[PDB]
Amino acid sequence: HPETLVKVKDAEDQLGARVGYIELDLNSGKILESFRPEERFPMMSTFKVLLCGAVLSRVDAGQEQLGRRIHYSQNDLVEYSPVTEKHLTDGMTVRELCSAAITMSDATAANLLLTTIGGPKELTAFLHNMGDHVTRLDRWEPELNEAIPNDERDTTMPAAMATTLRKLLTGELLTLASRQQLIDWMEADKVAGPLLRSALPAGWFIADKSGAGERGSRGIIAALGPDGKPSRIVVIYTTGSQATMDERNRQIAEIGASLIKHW
Ligand SMILES: *C(=O)[C@H]([C@@H](C)O)[C@H]1CC(SCCNC=N)=C(C(=O)O)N1
Ligand SMILES: [K+]
Ligand SMILES: [K+]
Ligand SMILES: [K+]
Ligand SMILES: [K+]
Ligand SMILES: [K+]
């Protein structure tokens, strides 16, 4: 609904920065509403969903096991590793790492998982192979969050990310067991509460992944819908703002409040 575009452009104004937005019908793939849908924005942590999608594709192909245990050390820990920092002694399994990477947005977990698939080049090759010729991961945590103006490294476009999430959550790309596992990790959450979830009505479903990087970058990707089932995909990214995290979170929550109201 155009009233949501009023809020999205108001958010750009309030934040003094670019906001990218897209609302997609999950079943049909139809773009219902958009703003700067084909401009690039840093993915930040939202890439972790794509990463675990690739991991699950490997699991399906018999090239990985969710129960495989990965051992790491203090040497491996990067900034923001709330879960991995507690398991240095006995390690964590692949399943546990994706749960950490998605529900807590653990950065070290993402790096360990990236290593299992062959690094950024392989995640990018996975995306290209699934029809996403835009989204690219080029670096590891923490550098991938640099958000350098006009830099195409580690970026996606709202339309591309929305289309990719749709394929991951509904396409024959993954087995049903794997699709649901990805959805289960996205439904769980300990960090995106101030975002779309703060505007979600009781009874509604939401599977999401947020992100925050340098230079004011902030974003979220999500599949949500009434009556416990997802029916639309929403992608929101912003970069360039000097606003506080609370201010950026509120704008994303208000964009969510609008799209829900006009559903
Ligand atoms: C992803 O965008 C980053 C990166 C460090 O992996 C992480 C860190 C953060 S902000 C720290 C805690 N978040 C919220 N309480 C996020 C994030 O999305 O908020 N992901
Ligand atoms: K429209
Ligand atoms: K555009
Ligand atoms: K160790
Ligand atoms: K989540
Ligand atoms: K949210």
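For the single chain, residues carry numbers from 1 onward in sequence order. Indexing begins at 1, ligand by ligand and atom by atom, following the structure's order. This deposition comes from X-ray crystallography, 1.7 Å.
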S.K.: Looking at this structure, what macromolecule is in contact with ligand 1 the most, according to UniProt?
M.R.: Beta-lactamase TEM
S.K.: Name the drug or drug candidate found at ligand 1.
M.R.: imipenem (open form)
S.K.: Working on a figure here: which residues of other chains come under 4.0 Å of imipenem (open form, ligand 1) (heavy-atom distance)?
M.R.: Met44, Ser45, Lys48, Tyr80, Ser105, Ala107, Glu141, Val191, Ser210, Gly211, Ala212, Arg218
S.K.: Tell me the protein heavy atom at minimum distance from atom 14 (C) of imipenem (open form, ligand 1), and give that distance in Å.
M.R.: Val191 CB, 3.5 Å
S.K.: What organism is listed under source for chain A in the PDB header?
M.R.: Escherichia coli
S.K.: Test your reading of the structure: does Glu141 have an N or O sitting under 3.5 Å from an N or O of imipenem (open form, ligand 1)?
M.R.: yes
S.K.: Suppose we measure from atom 11 (C) of imipenem (open form, ligand 1) to each protein heavy atom; which comes out shortest, and what is that distance?
M.R.: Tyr80 CE1, 3.7 Å
S.K.: Among all protein heavy atoms in this structure, tell me which lies nearest to atom 19 (O) of imipenem (open form, ligand 1), with the distance rounded to 0.1 Å.
M.R.: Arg218 NH1, 3.2 Å
S.K.: Using distance alone, decide if imipenem (open form, ligand 1) has a nitrogen or oxygen within less than 3.5 Å of any nitrogen or oxygen in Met44.
M.R.: no
S.K.: With only distance considered, is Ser210 within less than 3.5 Å of imipenem (open form, ligand 1) through an N or O on each side?
M.R.: yes
S.K.: Taking only heavy atoms of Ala107, which atoms of imipenem (open form, ligand 1) are found under 4.0 Å from at least one of them?
M.R.: 6 (O)
S.K.: So, regarding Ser105 and imipenem (open form, ligand 1) (criterion: nitrogen or oxygen to nitrogen or oxygen, under 3.5 Å), is there a contact or not?
M.R.: yes
S.K.: Counting from 1, what imipenem (open form, ligand 1) atoms have a heavy atom of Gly211 closer than 4.0 Å?
M.R.: 2 (O), 18 (O)
S.K.: Looking at the deposited structure, to which atom of which residue is there a covalent bond from imipenem (open form, ligand 1)?
M.R.: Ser45 OG
S.K.: Can you tell me which residues in chain A that UniProt annotates as binding substrate end up with a heavy atom closer than 4.0 Å to imipenem (open form, ligand 1)?
M.R.: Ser210, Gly211
S.K.: Determine the minimal heavy-atom distance from imipenem (open form, ligand 1) to the UniProt active-site residues of chain A, naming the nearest residue; round to 1 Å.
M.R.: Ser45, 1 Å
S.K.: Based purely on interatomic distance, does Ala212 place a nitrogen or oxygen under 3.5 Å from a nitrogen or oxygen of imipenem (open form, ligand 1)?
M.R.: yes
S.K.: Which heavy atom of the protein is the closest neighbour of atom 2 (O) of imipenem (open form, ligand 1), given with residue, atom name and distance?
M.R.: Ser45 OG, 2.2 Å
